[PDB]
Amino acid sequence: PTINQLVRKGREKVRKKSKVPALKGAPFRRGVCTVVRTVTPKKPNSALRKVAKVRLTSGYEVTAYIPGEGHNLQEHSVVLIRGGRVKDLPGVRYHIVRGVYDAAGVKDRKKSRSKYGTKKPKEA
Amino acid sequence: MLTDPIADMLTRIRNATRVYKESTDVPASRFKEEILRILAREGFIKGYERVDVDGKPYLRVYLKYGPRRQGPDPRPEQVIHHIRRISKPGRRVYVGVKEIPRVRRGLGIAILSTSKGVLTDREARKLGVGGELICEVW
RNA sequence: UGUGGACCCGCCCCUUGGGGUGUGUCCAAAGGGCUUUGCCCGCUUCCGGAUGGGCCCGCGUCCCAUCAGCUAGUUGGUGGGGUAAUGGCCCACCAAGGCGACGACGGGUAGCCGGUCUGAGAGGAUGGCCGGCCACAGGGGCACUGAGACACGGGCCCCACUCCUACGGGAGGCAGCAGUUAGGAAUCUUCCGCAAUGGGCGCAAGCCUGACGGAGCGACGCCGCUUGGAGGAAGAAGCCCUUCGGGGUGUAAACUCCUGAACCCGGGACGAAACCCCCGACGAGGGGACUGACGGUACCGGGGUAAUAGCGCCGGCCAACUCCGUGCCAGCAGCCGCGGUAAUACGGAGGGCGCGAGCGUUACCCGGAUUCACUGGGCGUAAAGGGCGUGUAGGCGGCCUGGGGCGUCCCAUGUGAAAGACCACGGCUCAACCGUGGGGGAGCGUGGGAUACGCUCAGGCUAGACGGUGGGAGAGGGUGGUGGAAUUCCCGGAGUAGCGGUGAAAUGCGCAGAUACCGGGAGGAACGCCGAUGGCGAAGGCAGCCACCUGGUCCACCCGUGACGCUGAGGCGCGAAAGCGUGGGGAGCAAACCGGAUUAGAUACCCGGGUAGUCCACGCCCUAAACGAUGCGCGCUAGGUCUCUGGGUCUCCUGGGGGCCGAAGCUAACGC
RNA sequence: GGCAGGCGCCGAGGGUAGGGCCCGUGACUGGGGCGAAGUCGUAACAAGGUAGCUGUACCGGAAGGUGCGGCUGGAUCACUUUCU
Ligand SMILES: NC[C@@H]1O[C@H](O[C@H]2[C@@H](O)[C@H](O[C@@H]3[C@@H](O)[C@H](N)C[C@H](N)[C@H]3O[C@H]3O[C@H](CO)[C@@H](O)[C@H](O)[C@H]3N)O[C@@H]2CO)[C@H](N)[C@@H](O)[C@@H]1O
Ligand SMILES: [Mg+2]
Ligand SMILES: [Mg+2]
Ligand SMILES: [Mg+2]
Ligand SMILES: [Mg+2]
Ligand SMILES: [Mg+2]
Ligand SMILES: [Mg+2]
Ligand SMILES: [Mg+2]
Ligand SMILES: [Mg+2]
Ligand SMILES: [Mg+2]
Ligand SMILES: [Mg+2]
Ligand SMILES: [Mg+2]
Ligand SMILES: [Mg+2]
Ligand SMILES: [Mg+2]
Ligand SMILES: [Mg+2]
Ligand SMILES: [Mg+2]
Ligand SMILES: [Mg+2]
Ligand SMILES: [Mg+2]
Ligand SMILES: [Mg+2]
Ligand SMILES: [Mg+2]
Ligand SMILES: [Mg+2]
Ligand SMILES: [Mg+2]
Ligand SMILES: [Mg+2]
Ligand SMILES: [Mg+2]
Ligand SMILES: [Mg+2]
Ligand SMILES: [Mg+2]
Ligand SMILES: [Mg+2]
Ligand SMILES: [Mg+2]
Ligand SMILES: [Mg+2]
Ligand SMILES: [Mg+2]
Ligand SMILES: [Mg+2]
Ligand SMILES: [Mg+2]
Ligand SMILES: [Mg+2]
Ligand SMILES: [Mg+2]
Ligand SMILES: [Mg+2]
Ligand SMILES: [Mg+2]
Ligand SMILES: [Mg+2]
Ligand SMILES: [Mg+2]
Ligand SMILES: [Mg+2]
Ligand SMILES: [Mg+2]
Ligand SMILES: [Mg+2]
Ligand SMILES: [Mg+2]
Ligand SMILES: [Mg+2]
Ligand SMILES: [Mg+2]
Ligand SMILES: [Mg+2]
Ligand SMILES: [Mg+2]
Ligand SMILES: [Mg+2]
Ligand SMILES: [Mg+2]
Ligand SMILES: [Mg+2]
Ligand SMILES: [Mg+2]
Ligand SMILES: [Mg+2]
Ligand SMILES: [Mg+2]
Ligand SMILES: [Mg+2]
Ligand SMILES: [Mg+2]
Ligand SMILES: [Mg+2]
Ligand SMILES: [Mg+2]
Ligand SMILES: [Mg+2]
Ligand SMILES: [Mg+2]
Ligand SMILES: [Mg+2]
Ligand SMILES: [Mg+2]
Ligand SMILES: [Mg+2]
Ligand SMILES: [Mg+2]
Ligand SMILES: [Mg+2]
Ligand SMILES: [Mg+2]
Ligand SMILES: [Mg+2]
Ligand SMILES: [Mg+2]
Ligand SMILES: [Mg+2]
Ligand SMILES: [Mg+2]
Ligand SMILES: [Mg+2]
Ligand SMILES: [Mg+2]
Ligand SMILES: [Mg+2]
Ligand SMILES: [Mg+2]
Ligand SMILES: [Mg+2]
Ligand SMILES: [Mg+2]
Ligand SMILES: [Mg+2]
Ligand SMILES: [Mg+2]
Ligand SMILES: [Mg+2]
Ligand SMILES: [Mg+2]
Ligand SMILES: [Mg+2]
Ligand SMILES: [Mg+2]
Ligand SMILES: [Mg+2]
Ligand SMILES: [Mg+2]
Ligand SMILES: [Mg+2]
Ligand SMILES: [Mg+2]
Ligand SMILES: [Mg+2]
Ligand SMILES: [Mg+2]
Ligand SMILES: [Mg+2]
Ligand SMILES: [Mg+2]
Ligand SMILES: [Mg+2]
Ligand SMILES: [Mg+2]
C-alpha cells in the first residue's frame, strides 16, 4: 500500500489463539472426572482410546486424554491435567498427568518413567 | 504532468542503457543537470549536453557501456548496472552526515542534495554535511 | 521597642503579581542549663542559601468506528469567594460558546518509567527483583491539627463484615514483620540482633526502630565443587547379539599403588571507630576507653575415609540399531506419521546418543516468520481492483527568478540521576557476586550558521491542463412519429381427414370442418439482410426508418488563457437480469402449476397446455462470471502486420481507436 | 467580641418513576463441526452422459430442477446405460 496509506491505516499486529484454555495461563489445572470413556480414533487409525471428561477448577468441562498402558480412573477421580493434542481423537486437547492425585503411575514401567510418573524400581 | 521528474530521468536513462542506446533526451532542469554533472565525474555517463528537441530544452545524455563479450549473448556490460531513487515525493528521505550510506562498499555512489549543493556520498562526507538522499547508483 | 516586614493610595525603574520609594495603618519574642557576667541550648523578625514540593505548558503514551457525534459549569467575559499560588476550583450576573474523522463521546484493558527478554537490525514482547514517580490502606464521603495529610498502625459520618453486650450501647481493620486460614498447578521462619548502615527525639548519657544487618526454609535461579586418580587381559563372570567361527558391554570391573569429599582435632577473623572522655579553646590537631547479631561461622594448621547418579532420547526433521514381545490390539505421536504376524516408530531387553545434581514435561514471550513487509510482501489464473462515474476533505504536484528559512543539514552548548548494558583494572583462592574508572547513548531545550531539495510569499514562462476556429466517424442518451416480415386471434372464400408432435409415442387440436392455400381486419412484441473480423459508451449496456432535443470523442490551425494539474476516504448519481408497488397491456414465450411420455423411481431432461413474468409509464430494489476475473493518471522502452476513423506533399508520411505476432524485459508457469 | 446553640446551601448514601448497558440461568428451538466399513439416490470432475458456473425467482426426500439474464473458468464435423 502507499506510504500515505500506511500512514492513514497502519499495519496490523497479530493475535495468538491459545490451543489450550487451561485458563489462568497456568501450566496445570485440577479437575474431577465425570466420565471415563473410550474413544474411536480417526482417519487411518483404529483402536480404543482412553479419555476422561473432566470438570476443572477453572469452571471448564473439557475432555482430557489418559496416557499409558492402562489406568484406574472412575467417575469421581480427582485428576490433574496438562495440555497436549491427541492427534487422532479430534477435540482432545489436554493430557492427564499420570502420577498425580487419583491417577496412578503406570505399573512395571522401566523406560520413559517421568512421563507416566512411576518411581525408580529398586535393586540391591 | 510528471509526478517526479528526477525519477523520470533516472529511469529514462535506465531504460536507454538496458537496450544500449547511444544517448537520450531528458527535459531540462537545473537540478537534473546538477545531477548528471556527477554521473559524468564518476564515469557513469560519457557526458550530457543541452540540445533542443523542437523549441523546448532537453538534456541529451550520452551513455557509456562495456566492451563486447564472447559467448552466447555478446551485449556489453552496463557501466550503470543499477540506479534507483531513494527519496520520492510523499516519502522524502533525509540523512544526517553520520548516516550517509556506504554504497556497495564504495564501488558505487549515492547522490544527495545538500545546502552546499548536489554532492556524492564521499563529497558530503568531506564537507561534513547531510541532505536529502536522492538516489544510489552503482 | 520597629532592625525589619505586611496592606491601601501615589511616584520610579522594571514589565503580568519583579525591584525601589513617600505619607497612613498594622505585626515581634521564651525560657532552660551550667566547670555562672559567660558561655551552652533554645526564642523573635527580616534577607539570602540549601533541600523538598504545588501549579501551568510543548511533544510522547494500548485495543474497539460492530462507539460518530459530544457538551450546559458546558465555552468564554465581568465581579466576588477560595488558596501558599494560577485557574469555571467554586459562586452571582452576562455572552453563546467549546470539542470531533489529526477519532471527540463511549466501551474494553491497563499503574508509568529506568529497565527486562528477544531480534543482524528496524522491530516484537514485557514493567517481576532493584531505583524513580503516581495512586491506594475493609468500601464511600469529609474536614480538623500542622511546614507538610484530607493523614495505613489520627478524627468524624454512612455502608458491608467480625467480636463484646446487662438491649441502651460499644470494639476491630497485617496491601507493616512473622504467622493462620481460604483459593490455587504454586510461593518461606510466629528466627537472631540493634554490632554495622539509616531514621525520630535528646545538650549528652541514651531511648525507640519487623527500616535494617544477618540467619532459616525451598535444586527456584546463577556460579563454583564432589562421587576419585595412575596402572590393569587378546579381554573374567553375568547380561546381549551371532552366519556357532564369533562379536559387544570393556580398561569397564576385579585387583595394585597413590591422593584424601565427608569426618575429628587445635588456632581463629575482617566488618570498629566514631558518639563519649582527657589535652588544646567546646574549633584544627593529638591521646584514651567502650562496643560483633552473624559466630567458634569464614580463613589457617594438624589428623583422615575411595567415598551419591540420575534423567531424556535412538523412523525423518535430529546426535544414536539390534533381539524378543504384542497383531488397526495394547499403545505411540511436536509436525510428518507408526501398529493389519518377520515393527530400528508400540512394551521390555542389550547396545548407543545427549546433558548431568539434575534431566524431562506443561505454560507463556521474542526468534526463525521478508507470515502486517519502514527496513522488507502482495492483488490476470494462488487470498486480494471497489459494478461504474462525479466529485469533498486529504495526499501528491512542469520550467525560470527572487525573499523568507517552516521541513532538512551543520557547529557549539544544556539535559539524558543511580542501578543495569559496553570496556578496562581491582576484592572474595575462581566464578557467580561486588568495587573503582572509562566509554557510548536516541530524544528534547538554547545560541549561532547553510539553502540544494521540500514548504512559503512575490514576479515570469508554455512543454501539462483548459478554451477559440475549421472539419470528421459512431447501435452514445431522451421524446415524438412511422415501415415491413413473422406469430397468434377474428371475418370471408375455396377445400376434406387429418394436423401436430417424438428416439418412438401419447396427451392435444380437428365433421361446431382443423391442418395446407388465397383475400381482409385486430393487436402485442421484436427489428432479417447490411452485420463483424466493425462501431459507441465511465460501467451497466446500445442495432428497422425519420425528426427534434442532448452527452462524449477525434483530427487540422498553433489563435486565447497561463500549472488553472493528478488521484480521491466520505457524499452524490448511474447501475444486466430477476424481484417489489400502482396503473395499463398482453401476440409469442414461459418459473410455479396441469397433463402426456421416459425411467428401477423421474418431484427431471422430451411432448401438449399454462399463471406470474417477459412489454409500457411512474416509484422501488443495488445484485452479478457487474470479467480483460487486470483501479485511475503521466512518462519511458525494437519492430511487423490486419482493421476502424481523421489530416498532409496521399508509391508513402502523420494522428486517435480496435486485433494478432513478436525486441528487450517481466512471470511460479501459463503467459504479458 | 468570642463560645454553645439555631437555620440554610452543598453534600456520602437511600427512595420512587422511566430508560440504556454488561454477566449468569433458561423450557423450547435453529443451523454448524468432527467421528474406517449404516440409508436413499448420483449433483459435480471426461461433451460426467441435460456443457458448467453464476445473480435472482419459484418448486422438490435429497443432492437438485426450471424460468430470466450474464460468464468461458465449455467438449467436438453428428445422442439418452445407476453403482463399485
Ligand atoms: N464433515 C462432513 C460435512 O457434513 C456432511 O457430511 C456428514 C454426513 O453427511 C456423512 O455421513 C456419511 C454418509 O454419507 C456415508 N454414506 C456413510 C458414512 N458412514 C457417513 O459417515 C459418517 O458417519 C459414520 C458413522 O455412521 C462415521 O463413522 C463417519 O466418521 C461419519 N463421516 O458424515 C458426515 C459427518 O461426519 C456434509 N454433507 C459434508 O459436505 C461435510 O463435509
Ligand atoms: Mg516414548
Ligand atoms: Mg518600619
Ligand atoms: Mg507594573
Ligand atoms: Mg510596591
Ligand atoms: Mg510604605
Ligand atoms: Mg504591638
Ligand atoms: Mg540565663
Ligand atoms: Mg527552592
Ligand atoms: Mg452561564
Ligand atoms: Mg472568574
Ligand atoms: Mg451547539
Ligand atoms: Mg488494574
Ligand atoms: Mg525479523
Ligand atoms: Mg515495580
Ligand atoms: Mg483487605
Ligand atoms: Mg496495620
Ligand atoms: Mg489485631
Ligand atoms: Mg487448596
Ligand atoms: Mg542501630
Ligand atoms: Mg544510629
Ligand atoms: Mg580407572
Ligand atoms: Mg593413605
Ligand atoms: Mg594432607
Ligand atoms: Mg553507641
Ligand atoms: Mg579542656
Ligand atoms: Mg581524635
Ligand atoms: Mg572406587
Ligand atoms: Mg541419525
Ligand atoms: Mg492386546
Ligand atoms: Mg510443545
Ligand atoms: Mg516382531
Ligand atoms: Mg509388517
Ligand atoms: Mg524399537
Ligand atoms: Mg521416535
Ligand atoms: Mg516479523
Ligand atoms: Mg505474500
Ligand atoms: Mg481469486
Ligand atoms: Mg473493474
Ligand atoms: Mg467484484
Ligand atoms: Mg483536491
Ligand atoms: Mg516542485
Ligand atoms: Mg502543495
Ligand atoms: Mg530561495
Ligand atoms: Mg529551519
Ligand atoms: Mg545511567
Ligand atoms: Mg540490549
Ligand atoms: Mg580477581
Ligand atoms: Mg540540540
Ligand atoms: Mg537553533
Ligand atoms: Mg538566501
Ligand atoms: Mg507563479
Ligand atoms: Mg469544432
Ligand atoms: Mg444511436
Ligand atoms: Mg375460415
Ligand atoms: Mg377427440
Ligand atoms: Mg357432418
Ligand atoms: Mg393456422
Ligand atoms: Mg391470413
Ligand atoms: Mg388482443
Ligand atoms: Mg471500449
Ligand atoms: Mg458486455
Ligand atoms: Mg456533439
Ligand atoms: Mg499560442
Ligand atoms: Mg502571456
Ligand atoms: Mg476523479
Ligand atoms: Mg437495476
Ligand atoms: Mg427488469
Ligand atoms: Mg410489475
Ligand atoms: Mg401488473
Ligand atoms: Mg390485467
Ligand atoms: Mg413445456
Ligand atoms: Mg406454449
Ligand atoms: Mg423502472
Ligand atoms: Mg453498489
Ligand atoms: Mg503507462
Ligand atoms: Mg483517403
Ligand atoms: Mg494502434
Ligand atoms: Mg470496443
Ligand atoms: Mg524473450
Ligand atoms: Mg509481478
Ligand atoms: Mg517464458
Ligand atoms: Mg454553628
Ligand atoms: Mg452425474
Ligand atoms: Mg464440463
Ligand atoms: Mg420452498
Ligand atoms: Mg445449487
Ligand atoms: Mg419444476
Ligand atoms: Mg441459462
Ligand atoms: Mg477460482
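Note on naming: letters A, B, ... go to the chains in the order of the sequence lines (proteins, then strands), and numbering restarts at 1 for each one. Indexing begins at 1, ligand by ligand and atom by atom, following the structure's order. Only part shown; contacts counted inside that part.
As PDB records put it, the drug at ligand 1 is paromomycin. Counting heavy-atom pairs under 4.5 Å, the chain with the largest count for paromomycin is, by its name in the PDB entry, 16S rRNA. Other chains within heavy-atom reach of paromomycin, distance under 4.0 Å: D.
With the cut-off at 4.0 Å and only heavy atoms counted, the binding site of paromomycin comes to D/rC34, D/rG35, D/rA36, D/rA37, D/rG38, D/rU39.
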